[PDB]
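A structure with S-thalidomide.
To match the PDB entry, the residue numbers of chain A are left as they are there, and the shown ones run 16-124. Order of appearance sets the numbers: ligands from 1, and atoms from 1 within every ligand. Header says: X-ray crystallography, 1.7 Å.
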Amino acid sequence: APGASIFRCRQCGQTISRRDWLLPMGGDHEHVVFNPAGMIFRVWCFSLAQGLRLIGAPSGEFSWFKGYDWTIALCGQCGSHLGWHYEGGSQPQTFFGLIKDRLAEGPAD
Ligand SMILES: O=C1CC[C@H](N2C(=O)c3ccccc3C2=O)C(=O)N1
Ligand SMILES: [Zn+2]
């Protein structure tokens, strides 16, 4: 009965990722960053995620992770902005950076 197992959208409960899938990018799964609009995000890196909808084509502009280009990742169910999918880089080629406070963590399905 683990209670710290899967991550769902906080707004609607769509299944999104798992604690087992946390990915330590440059030594830490947690990256605290800010965008050009000055919004600060506590980004957790995950090797994998599901239930999102990747919007548009990738961009390298302002990327927080050197070598990676990003696409906005919305909750596929409700449209909540959950984070970004990163691609085009190395080791790994791809991963998700998800905004921690926009997810709810709980027991497995
Ligand atoms: O790695 C990333 C992902 C995208 C993120 N980002 C944003 O959140 C944003 C909001 C408004 C205008 C431009 C941006 C942008 O590049 C950002 O700054 N870096
Ligand atoms: Zn949602």
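- Every copy of S-thalidomide considered, the relevant parts of the structure are ligand 1.
- Taking the chain with most contacts, the partner of S-thalidomide here is, per the PDB entry, Cereblon isoform 4.
- S-thalidomide places these atoms under 4.0 Å from at least one heavy atom of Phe77: 1 (O), 2 (C), 16 (O), 17 (C), 18 (O), 19 (N).
- Shortest contact from atom 9 (C) of S-thalidomide to any protein heavy atom: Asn50 ND2, 3.7 Å.
- Judged by the shortest distance from any of its heavy atoms, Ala52 lies outside the 4.0 Å radius around the atoms of S-thalidomide.
- No N or O atom of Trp85 sits closer than 3.5 Å to an N or O atom of S-thalidomide.
- Using 4.0 Å as the threshold, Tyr101 has a heavy atom nearer than that to some atom of S-thalidomide.
- Considering only non-hydrogen protein atoms, atom 2 (C) of S-thalidomide sits nearest to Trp79 CE3, 3.3 Å.
- Under the 4.0 angstrom criterion, atom 12 (C) of S-thalidomide counts as lacking any protein heavy-atom contact.
- Shortest contact from atom 14 (C) of S-thalidomide to any protein heavy atom: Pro51 CD, 3.6 Å.
- The binding site of S-thalidomide (heavy atoms under 4.0 Å) is made of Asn50, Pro51, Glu76, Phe77, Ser78, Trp79, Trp85, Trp99, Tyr101.
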